[PDB]
Amino acid sequence: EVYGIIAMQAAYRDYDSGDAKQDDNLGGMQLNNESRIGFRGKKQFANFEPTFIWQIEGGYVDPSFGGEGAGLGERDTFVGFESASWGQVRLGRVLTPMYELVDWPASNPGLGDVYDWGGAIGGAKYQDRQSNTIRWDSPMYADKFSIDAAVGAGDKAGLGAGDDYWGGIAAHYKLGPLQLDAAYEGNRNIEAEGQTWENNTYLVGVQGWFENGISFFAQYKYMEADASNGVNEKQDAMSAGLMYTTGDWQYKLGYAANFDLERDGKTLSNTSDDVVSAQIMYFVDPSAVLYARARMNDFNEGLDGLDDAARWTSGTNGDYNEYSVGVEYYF
Amino acid sequence: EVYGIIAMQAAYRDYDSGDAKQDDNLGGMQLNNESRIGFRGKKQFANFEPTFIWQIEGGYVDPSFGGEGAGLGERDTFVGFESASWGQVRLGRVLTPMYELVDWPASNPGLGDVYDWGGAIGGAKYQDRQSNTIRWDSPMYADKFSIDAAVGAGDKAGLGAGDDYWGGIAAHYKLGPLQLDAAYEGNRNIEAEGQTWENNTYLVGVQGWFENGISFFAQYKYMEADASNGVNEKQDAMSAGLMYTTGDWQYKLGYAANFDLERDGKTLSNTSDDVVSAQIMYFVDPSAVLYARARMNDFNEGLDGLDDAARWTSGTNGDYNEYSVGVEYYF
Amino acid sequence: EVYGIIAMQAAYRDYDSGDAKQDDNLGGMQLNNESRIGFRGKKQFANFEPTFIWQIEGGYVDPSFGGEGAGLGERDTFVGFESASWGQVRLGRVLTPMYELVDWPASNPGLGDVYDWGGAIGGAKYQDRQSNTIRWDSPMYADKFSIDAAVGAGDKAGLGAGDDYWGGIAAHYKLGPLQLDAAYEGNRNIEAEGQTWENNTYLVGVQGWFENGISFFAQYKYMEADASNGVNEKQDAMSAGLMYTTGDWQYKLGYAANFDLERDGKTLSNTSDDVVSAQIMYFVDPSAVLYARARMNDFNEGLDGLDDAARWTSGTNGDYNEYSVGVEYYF
Ligand SMILES: CN(C)c1ccc(O)c2c1C[C@H]1C[C@H]3[C@H](N(C)C)C(O)=C(C(N)=O)C(=O)[C@@]3(O)C(O)=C1C2=O
Ligand code: NA
Ligand code: NA
Ligand code: NA
Ligand code: NA
Ligand code: NA
Ligand code: NA
Ligand code: NA
Ligand code: NA
């Protein structure tokens, strides 16, 4: 079976970097086509109660700031097995258990630049998608409690350039209208800035959906990282979102911020990031949505990594504002 | 819906460059797989009168002179809307309105090296299908008249490397068997040769299809460009094609030519290009065609760009001939 | 038509190279997703007795040691015709007639590092999958005898950088439970190491499958190579595999070896490669298998090419073992 996600977002961006040549480059209007075609299926093996499942999901066809074309298997592409009793284990390229919650709901109205990859910490906080991964998903115990857990190979280790590895776990309990989320992910042997890093990261979160139309999510992310030369670094962040949903409309407010980074006890001045964003959404069909959105990004003023050389952060390109309309269709 | 165009052309090329190694390198027999798979569909959003449309079309899987594999969304990939009333707007990656007339009536059979990208002029004449584009296509007004119009971001601006942009318009009037086609396209902020260019291009053409089987097309293309240091360049070109169709056959003769280029009024000697080409075609099935064709390309002798360094044109590889057979199947 | 081949292998590799960082990078566990999706079809042209056939096959979605994503048309992508009379001609990118016998049955389980792309011979022993190729596949005459024959442009010539080319032929006669296999493939205008080479390669082999559950294959590969400065090189190799089948199980044991390389009559010390492997395979569904395997590679100790600079072989990364389970599913 084929399954598309059609996704077009028209987005004009107003950059303020302090260089007007750079400002005109990064700023201006673009089309962020995140449409993707994928294939997936199951087959009942004649000699195996676990149901064989597989999926190949292609990439974004024409993202903004990027070229055209995407191969197959750039997004969640995997084989795995599933039994009703013990859930489903997948091998391949998946989302780590912590990353799922940083994406949804914690990056929801365009906050990702800050809560997703917007970091000041060294090493490697957590992982987007890693293509050398085993991941077990628990069933819904009592249809209320669920465990997600995974281990995998690192970014460099998946190309025979290193021995990066990582593991992570998260759990979700659905208390009536509530849902509580916690998550951990640790990376080892992260080669960066001329040192080898170990990153430990923990996430706490909550979610509610109430008949009056209010929905919300709030999350605390605690990011520690220890370098092999004995340096310590610590940063933490939050993301929350308030939304009212009436009829075929949803109004949404999101705020995310990393706070100042502490290195070796000493705090680094003005290294925090903050994003505010607002979003209207129309439920134009059971299968698709139209939406408008605007956001405000204030980024850090810089950070040197443990190699006398500057470290890259989501803010290394400068502050910017952004207004956008988009459509997204599911089939 | 899945929709292929299966397309193979076996094409031997006899190059005359003035270096027999390059002639042996560039020449010889090759296989030009231009097949492509795409996915496309429409959807009537339950809460919206315009019908939603989308398409993701992959690239040439193994072109000649190139490697294998092409992602999805390398060709016409877009989302958009249509109502009978006001026509059809699509956003994403499309063909500019002038390029449609450069490609369809005017670049086949093999005239492309000359009429398509083969210009000798500086700056950036027009666009061969650019992403970051919105394009509105009108209805057939009075069942005689149709207008195509679109604007979009430049090549560099689509990666945050500049601020080039462009707009273009074309119209089509149908007098009996004839059709008159006119089109304009202008590009701005084109960063090239160390200067910034503004290129305006104007196209007039006609096409006819007659009950006796005689058909033809003829087109005049006018190309302007203004560099930021005050330099001006002007070059013009033509492409015409004649075809007789009897039974299951179409015979075709094609001629296209870029003419001599003027810089600051002074014309630069030997910068013209012209191609001659013949093509026999058999309609092996309603869904496919077989064709044999031979063409002969004579190219320009060189010109420096406005940075003392030679500029690249379709003739920078030297003159060449080419004989070819091919198949084309549509599903 | 769409057709998957879903294929995942979890494979731990233990390298011994003589530098333990290289051992740590290259070694370790990885996920080798060799899943691939393709499209193929046939069409009876209304004015043409040969049946039109076509296929577009994507690449490996996430191989081990490599990144994600593969375009469409990285594997067998072709157009062609088939008649009951004369068999089947295909144009495009296919497997050469010799490489088919080097892959099946002679390279699995895990013998490819030595028998497939493994080698010490200069120039280019053979071609594995080649674009710009026409290949005629004969029928099974008398339901026992068939010819495979193909010629095409070289690797470098398909990008307009040279004129290397090649042809090849193989035959298979089926004497009862055995099948006798012979094959040749010759390459010309192969530029390497500052010389131009002509590569000749010959393969003879046998295959048997018995109701007793015993099945086997053995193959001898003869590779000669002659350089433009008058050097001669010769290397030869062998691969065999013995397997027993009980119920839904297949036991398999494999061995392959390239022998020491001869250059200009004088043999070059410690240039042989040998790999041995054992594998259990379960037939979990008519269309799928589970399998475990372990293998041992001892590779050569180095060889300077005809330019005083080392030549690359499958052993330029060092000896290693590998233990792995995997899955394999069809369409
Ligand atoms: C000056 N210019 C930008 C350069 C510089 C270096 C290059 O190596 C090349 C170009 C032009 C481009 C034009 C492009 C064009 N492009 C896809 C829009 C193009 O349409 C073709 C084509 N065969 O259709 C090219 O030859 C082309 O791929 C090409 O071979 C180029 C090329 O090789
Ligand atoms: Na990653
Ligand atoms: Na789960
Ligand atoms: Na090619
Ligand atoms: Na362009
Ligand atoms: Na139109
Ligand atoms: Na821009
Ligand atoms: Na090859
Ligand atoms: Na055959």
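Read the sequence lines top to bottom; their chains are A, B, and onward. Chain A residue numbers are taken from the PDB entry; in order, the displayed residues are 20-350. We number chain B the same way the PDB entry does; the residues here are 20-350, in that order. We number chain C the same way the PDB entry does; the residues here are 20-350, in that order. Atoms within each ligand, like the ligands themselves, are counted from 1 in listed order. Side chains included, hydrogens not; waters and symmetry mates left out as well; all remaining heavy atoms used.
Bound to ligand 1 with the largest number of contacts is the chain that the PDB entry calls Chitoporin. Looking at ligand 1, one finds the drug minocycline.
Counting only heavy atoms under 4.0 Å, the other chains near minocycline are B. Source organism of chain B in the entry: Vibrio harveyi. The residue-level binding site of minocycline (heavy-atom cut-off 4.0 Å) is B:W136, B:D147, B:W331.
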